[PDB]
Every structure is written in structure tokens, then in C-alpha cells.
K.L.:
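Consider the structure of Virginiamycin A acetyltransferase with virginiamycin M1 bound.
The order of the sequence lines fixes the chain letters, beginning with A. By the numbers in the PDB entry, the shown part of chain A spans 6-219. Using the PDB entry numbers, chain B covers 7-215, in order. We number chain C the same way the PDB entry does; the residues here are 7-218, in that order. Ligands are counted one by one from 1 in listed order, and the atoms in each one are counted from 1 as well.
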Amino acid sequence: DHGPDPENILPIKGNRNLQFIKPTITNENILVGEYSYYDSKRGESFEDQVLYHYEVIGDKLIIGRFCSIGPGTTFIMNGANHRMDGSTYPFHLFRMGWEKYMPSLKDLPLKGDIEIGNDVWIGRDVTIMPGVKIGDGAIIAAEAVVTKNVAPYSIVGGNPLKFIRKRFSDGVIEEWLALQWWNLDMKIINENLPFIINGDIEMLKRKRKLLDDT
Amino acid sequence: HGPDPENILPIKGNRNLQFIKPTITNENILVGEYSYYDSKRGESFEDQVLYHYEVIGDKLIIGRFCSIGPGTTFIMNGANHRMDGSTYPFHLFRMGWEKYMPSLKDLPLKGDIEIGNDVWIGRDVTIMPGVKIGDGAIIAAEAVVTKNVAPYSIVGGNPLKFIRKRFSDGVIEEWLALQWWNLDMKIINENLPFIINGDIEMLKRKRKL
Amino acid sequence: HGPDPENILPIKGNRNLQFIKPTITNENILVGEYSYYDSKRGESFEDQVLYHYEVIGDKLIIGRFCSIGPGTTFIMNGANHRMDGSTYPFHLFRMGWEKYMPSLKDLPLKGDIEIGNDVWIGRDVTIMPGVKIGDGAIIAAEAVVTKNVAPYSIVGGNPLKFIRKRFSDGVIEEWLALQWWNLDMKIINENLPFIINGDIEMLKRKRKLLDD
Ligand SMILES: CC1=C\[C@@H](O)CC(=O)Cc2nc(co2)C(=O)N2CCC=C2C(=O)O[C@H](C(C)C)[C@H](C)/C=C/C(=O)NC\C=C\1
Ligand SMILES: [Cl-]
Ligand SMILES: [Cl-]
Ligand SMILES: [Cl-]
Ligand SMILES: [Cl-]
Ligand SMILES: [Cl-]
Ligand SMILES: [Cl-]
Ligand SMILES: [Cl-]
Ligand SMILES: [Cl-]
Ligand SMILES: [Cl-]
Ligand code: NA
């Protein structure tokens, strides 16, 4: 039964900044898994960090489980991109006649969902651009601007984004990905926590094979 | 048709987005019509202009129909320290040190910051002293503009890197020749469908006409 | 001649620029005389030091005569997560998970942030854990200082890019040897014109050393 309640918005005692993200969600098209947290700068909500996010565009921000999201991380959804065929100036917003030129979505450089995997560590003041996919077990350095996709279990950073290194060998990465501990039962996760935490992936692999029954 | 460019808040119900020119209060800031600052929480465009001192006399110049995203910052020449020896500004602290005040030629001043027409500037861009940004350029959010940007190019990063030109040299040459931003508003309103869709062939046509 | 380095606000009418040393209250921070922080809104220098926990024991050391820009942040090692397996900080949430409290040896510590003398640090710079910045350096605004910075060099960008040395390697060696910032103020006052205009040759003479 060990562990915090993922429905608890403020699961750390005395801490008014660190929030479990899922039970704070109020808007639709934001799907965040359990235990993922946002460590706010000054109590702001995770949703306030989601920008240019309009229902009319229908783009989604999707985040998995057990993610660590640092203060000031911002998620720039698709409302940020201007029409780029002619002038970038948005005449229609000003109306008084120009409302005629309200653009159709097909004319916008739309990008699709922001998708973030599980067990992802996102540093302070990272900016995430529209359409970006970030793999399981990634680490994004502070102040990065995530301008392209991020491989699972990789470390990246900078503006624009440079790949830095792989966290483990490809064999070990493959095994973390076949393990998927974040999708296991909490009872199973607790049992395996010492090894999930110390990186004893060989042990985790044996416990997984043991349970196979296949 | 069109909003009044002297309207500080041209969109109804929107207290963040401001036409810049009717907000200008300070000297040496010259901004063209219809250019806007989409503020974060209503702060004024002027207060995004930093280290701007009259005794240096550098200017910030911005053309028409520019989109300036929230948190865009302009760093003027007052930011630069003397770089011959120590960068420490002894004179500021006086008490005898005021006599080490640098002359203007001691300082590495870099001139005016000039942004052209129809430039889209991303959220939280920082602009360095002396930078020239061409018409129709696009500056990606979070960029630190450390060097000049060509007309109709897309740039980004810290430091700034070239990403791509928006069109072929020929079409650009043609937009630059057209200079639609300097037409009368009656003519602009007439030609908006093609300014927006980039039908430059049609634009040359109607303008010859 | 010169201001009182213990005067927190050494410029008349200015409530933003602070001599840093007399504002320090925290352990594990040491900042040299005359170094200043030009705050955005009156915030203190210590408010710009982040993830600094005594139990980790990392130190922030800054030399003398440094110019520190508005918004400059110092990230110490309390931000580092364990990287052996999952980065998720289970122990924080307790309720059984506090038994997974890491040891300091489990954490990827970067050591102290050490900043030399006569350093110019631009606005909105971010300094990462364990970085060393040599004397006379210049860090461009908005830089993220991800690695060590050679003395009298210019750097910038995210991640940090080397730009150029300020002087020839010979002249840098001469500044480094002189260490004007450690000289008695009477001597520094006698030599200010040349410290400021960069005339190292003349500075060398004015000292009149034992090996002429
Ligand atoms: C950026 C910097 C220091 C900062 O890190 C801290 C500040 O910003 C605080 C500040 N600075 C000031 C008033 O508060 C201030 O008043 N400045 C700084 C901007 C011009 C003058 C000034 O003296 O003008 C004189 C003329 C009268 C000849 C010349 C231009 C001075 C130039 C100069 O020495 N640049 C060194 C840079 C100072
Ligand atoms: Cl902040
Ligand atoms: Cl994903
Ligand atoms: Cl391998
Ligand atoms: Cl903000
Ligand atoms: Cl006086
Ligand atoms: Cl502490
Ligand atoms: Cl407890
Ligand atoms: Cl160390
Ligand atoms: Cl060099
Ligand atoms: Na970069």
C-alpha cells in the first residue's frame, strides 16, 4: 500500500509548489498520467503553463506517468503559428471588416499533439514546441527549447535542441522499454522499486521473466 | 475597413494586445502603424526596451504590420561595458571614481536596432544592440537575436542561427519591390486576399494596373 | 577613494544595484568585495541562488569586482536527480517511499560553482552546477553556462559556445599574474586608469617588482 495518493493535488506535506498534475486538470485535450508532477515556481497550475491551446484547433497535450516536470516549463500548442503563405499579420483578429479574412485551419502550419512518454524528467524553464514527441525515460536539460522529437532514454538540451547522449546502452534501453514498469500494478511497482530506483535492470528483467507465464 | 491604428486596445475584450505607436511615450522609439505588442499581462511595449539612454542616443525603429510576441525584449547600447581592460563600471559608484567616466568612443556602441515591415517576432525573443531585421522575416520564440536577419528569412536559437528563407530569391525580390505596407489603406483593403495568400503574381498585376 | 563595499546600495537614487557581500546571510556562499548584483525589481542575490541545500555541502564562491546582471541564476546541486534507474524522486512523497531516500553518493553531484574576479555576467544568464569561471571573463546575456569558462574569454549561447579570447595569451598571463583585484585599494586607486584602459605594460612598471 506504500505510496502517495495520485488524486492528492499537494502530496508533499508543507509543500505548496509541487503538484500532482492529473487531479488539477480542468481543461479537455490535456491527458496526464498518475504520479506525474509539476513543481511550480509559485503555486501556479500546470494548465497555466499551457499556451496557445484552443479547442477549435483540437490539438492535444499528452503526458504519461511518473514524469517530473520542472518549474516554468511551458507547452506551446498550435495557436502560435501564423499563416506563412503571405503576410504573417493576423488581420482578422482586429475585425472592423477584416474578420472576413478569418483563416481556415488547412492554411495554417498545424503540427498535431504534444506527446510525452513515461518517467520523463523535464528541467526548469524548458519550452516545448508544438507537435513534439518525447520518449520514455528521457531527460530534458533546463532551459531547453524542445524543437524536435526526443528519443526514449536520451538526454537533450539547448536552443535549438541538440542531442547530448544516450542514458544507457541500447540493450539496456530495450529492456527498460520491454519492462514498462510504469504500466505495472502498484503492488508490482512497489515490489520492484528498489531496482527501478537503483537501475538493477538485470534483476528487473529476471523478475519480469519470472512472471511471464507464457 | 480596419481598426483605428491610434487605438491602444484594438480588439474588443482584449486588454493584453496593444497597438504600439499610440503607446509610445519615450524619445528615440519610432514604431510604424498596425504593429502590435501582445503583452503577457498588460505591460507596455516601452518597458520591454532596456538600457536605453538618451546620452547614448541610439534608436529603436520598427516598421508597420509587425507582430511582436509577449516578453520580447530589446537590449540597447547602454548594456555594453568598456572592454579595453576591466569591464567593471567604477565611475558609477563615484566617491572619487566618477572621473573614470568613459567617453562614448571608449564604449563598443553598435548603432540603432532597426526592424522592418511585416516582421513576426516570437514569444520571449531577446534582441541585441545594433541588430537589423529585414521585412517579412520570422523570428522564432525564445531566439536571441545576436546578428542581422535577412528580409523574408526564418531564424532562431541562442545564439541565432539561420533556418531557411521563406521563398525563392525572385519572389522575395518581388515582395520587396511591391512594398505593400506602404500603400494606401484603401488599396491594401482591396488587396488583402492576395497579401494574405501570397499571390504575388496577382499583386504585381493589379499594381501595374 | 571608492565606495564602501559594505554599503548595500552604493549608488544614490538606485534601489536595484546591490553590493552583494553585505547582503549575504546564507552559509556556503562567499562573494568578494565590490561585486554587485543589478536586480530587476529589488530582489536579493540569494533569491537567485537555487537548489542550494546545506546537507549537500556545495559552495558558491564569487571573486571581487564582478558585474552580475539582472536575472542571473545559479543552479546548485539540489536539482540533480538520481540517474541510475528512474529519475522519479519517490522518496519525496513518503508514505513508505521514504525508505528510498538516496545517499549523497547516489546523487550526481557537480561540486561548487566558482567565479573569479573582474567577471562580467550578462542579464538572464543561467549558471549550471559545478561550473568554474575564470578571472576577467565575459558571459553573454541569456547564456546557459554549461561548462567551465577560461579566464579572459568571451562566451555565450545555450549551450555555451566559446566566442573569443579577449587578449593574446601573453597578455592574459600578465593579467592573471598581476591579480589587480587582490591589491590594496591605495594601489588599485593609483592604477585605475591602466586597469580600466587595459595598459598592462604600464601597469607592470608601476608595480616595480623585485625582479626588474
Ligand atoms: C550596464 C552597466 C552596469 C550595470 O550592470 C548596472 C546598471 O545598469 C546600473 C546603472 N547604470 C547606470 C545607472 O544605473 C548609468 O548611469 N549608465 C549605464 C549606462 C550608461 C550610463 C551612464 O553613466 O552614462 C554615461 C554618459 C553620461 C557618458 C556613459 C554612457 C556611461 C556608460 C557606461 O559606463 N556603461 C557601463 C555599463 C554600465
Ligand atoms: Cl522566475
Ligand atoms: Cl510518447
Ligand atoms: Cl548494448
Ligand atoms: Cl512570465
Ligand atoms: Cl557628488
Ligand atoms: Cl538548507
Ligand atoms: Cl511521514
Ligand atoms: Cl568542487
Ligand atoms: Cl580568439
Ligand atoms: Na544554441
K.L.:
Can you list every ligand or chain that belongs to virginiamycin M1?
P.N.:
ligand 1
K.L.:
Which other chains get a heavy atom nearer than 4.0 Å to virginiamycin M1 (ligand 1)?
P.N.:
B, C
K.L.:
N86(B) heavy atoms, cut-off 4.0 Å: which virginiamycin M1 (ligand 1) atoms fall inside?
P.N.:
35 (N), 36 (C), 37 (C)
K.L.:
Nearest non-hydrogen contact with atom 32 (C) of virginiamycin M1 (ligand 1) belongs to which option: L115(B), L113(B), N22(C)?
P.N.:
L113(B)
K.L.:
Could you check which residue UniProt calls active site in chain B sits nearest to virginiamycin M1 (ligand 1), and how many Å separate the closest heavy atoms?
P.N.:
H87(B), 3 Å
K.L.:
When you compare virginiamycin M1 (ligand 1) with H97(B), is there at least one nitrogen or oxygen pair between them that comes in under 3.5 angstrom?
P.N.:
yes
K.L.:
Using a 4.0 Å heavy-atom cut-off, which part of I17(C) comes near virginiamycin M1 (ligand 1): side chain, backbone, both, or neither?
P.N.:
neither
K.L.:
Which protein heavy atom lies closest to atom 18 (C) of virginiamycin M1 (ligand 1), and at what distance to 0.1 Å?
P.N.:
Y59(B) CE1, 4.1 Å
K.L.:
Working on a figure here: which residues of other chains come under 4.0 Å of virginiamycin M1 (ligand 1) (heavy-atom distance)?
P.N.:
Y57(B), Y59(B), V61(B), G84(B), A85(B), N86(B), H87(B), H97(B), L98(B), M107(B), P108(B), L113(B), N20(C), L23(C), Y42(C), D44(C)
